[PDB]
Amino acid sequence: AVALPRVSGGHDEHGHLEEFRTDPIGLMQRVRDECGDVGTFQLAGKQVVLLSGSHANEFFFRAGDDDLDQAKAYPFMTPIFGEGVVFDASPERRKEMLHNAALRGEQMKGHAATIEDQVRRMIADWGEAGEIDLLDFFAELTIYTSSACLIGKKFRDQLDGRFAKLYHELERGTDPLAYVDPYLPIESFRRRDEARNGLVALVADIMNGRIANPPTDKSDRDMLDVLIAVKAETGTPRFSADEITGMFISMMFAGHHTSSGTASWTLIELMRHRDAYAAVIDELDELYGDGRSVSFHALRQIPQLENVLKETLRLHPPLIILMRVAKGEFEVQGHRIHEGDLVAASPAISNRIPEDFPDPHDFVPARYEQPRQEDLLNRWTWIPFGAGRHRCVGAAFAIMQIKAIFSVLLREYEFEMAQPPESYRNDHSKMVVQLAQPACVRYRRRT
Ligand code: HEM
Ligand SMILES: OC(Cn1cncn1)(Cn1cncn1)c1ccc(F)cc1F
């Protein structure tokens, strides 16, 4: 059996795993530099076939589910999701876990208004001036937007900062060792299980409260009210607090850390490039000069802000690696992929291929304007949202959310970096990328 190209290093206890934890991007870049479109690296006991370049990526995203499986490519997601969603009906995968029902187009306008309200509640006590930490702020804000939009305003209204803190701990229990076993006796895996337990308790607390004093309107009952009333065969409540919480956690995940970090970086890039920031301000002031609401404009064109978003997403994709499990043997550029092999594509690396994106390390929102339109011409390499079969179905909502949040923030306050521009960075120590702290920013009301 012929060996596939293998990148240098990887002599630590778990091969390349250790380096993947400290510098996954640098590692993946060295794979392409040394190996080309098809290279590999060892992740503990599993070999990862990393595909880069337009041709290999295409094969990767167009592959059928019968060929490249996404189902077991993220073992680190198993302990978070927990016992399969509340409804046992075949693969609820993305169907229920991330039902497009939530992001349905009929409710889109509604969501924008919900998002507007969440931002205002979040900056309600800002006053004329002060400071914030982007991770704390955006991580909390997105817990509110995701819960209010994906579950119900009623439910969100009963949440506070504690839910965000614990949910964060949940997200941090995704160390790469999860590819060895997501249940190893790791400290972060223990803190993860303890966090999930804390979440179940907060929900159980809410369930009780709602049972002691139900709604004075059989109209204002949310999803939780419904699940609480579901009775088993003998009259007993059918769902426990753990079951309900596990489903709520599963649904919110999709609307949390990817939006959270993306909101943080969008602002960061705006501050780093005051000219783009100035263009966005002008555009928003002029655009909202028609008197229409944020729920109106978030669902419509805001070009400058959108190109700043697309560029933020190219340089800082939330998911730096995408995974699949090969369910058969395939040939890609003369290299053989075997059943069981882990197959990956990297938005982090692909989004910066020099030949596809002139000056890949520069912030150039113009890339997406009339001329170049580099996102649409590099359909297999511009991949912040993935591509093909598993293309992010929440893209439209994610973008609407960014338009909504910044339509409120940039028109009410001005932002300045409170630390060196280069000090802002991501923590890539976990499979779930998070913005690193400190990430301090100053604000002052606009005149
Ligand atoms: C700007 C923030 C977001 C980014 C960068 C992002 C990125 C991505 C990426 C790269 C994938 C591909 C995963 C893979 O190929 O294995 C994906 C998939 C997905 N995303 Fe997002 N996403 C974002 C927001 C959202 C939101 C807000 C939702 C809905 C709550 C959502 C729902 C989904 C779903 C359901 C999939 C699975 C698609 C499939 O497997 O067919 N995403 N996303
Ligand atoms: O793709 C994710 C899972 N994931 C893989 N690597 C890191 N996180 C995240 N995500 C992507 N967009 C939004 N959330 C996902 C996909 C579908 C889903 F229903 C939940 C879920 F967490």
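Numbers here are sequence positions counted from 1. When a ligand or atom number is given, it counts from 1 through the structure's own listing order.
- What binds ligand 2 most in this entry is, by the naming of UniProt, Sterol 14alpha-demethylase.
- Found at ligand 2 is the drug fluconazole.
- Neighbouring residues of fluconazole under 4.0 Å (non-hydrogen atoms) are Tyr74, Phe76, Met77, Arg94, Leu98, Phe253, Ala254, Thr258, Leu319.
- In the PDB entry, the organism given for chain A is Mycobacterium tuberculosis.
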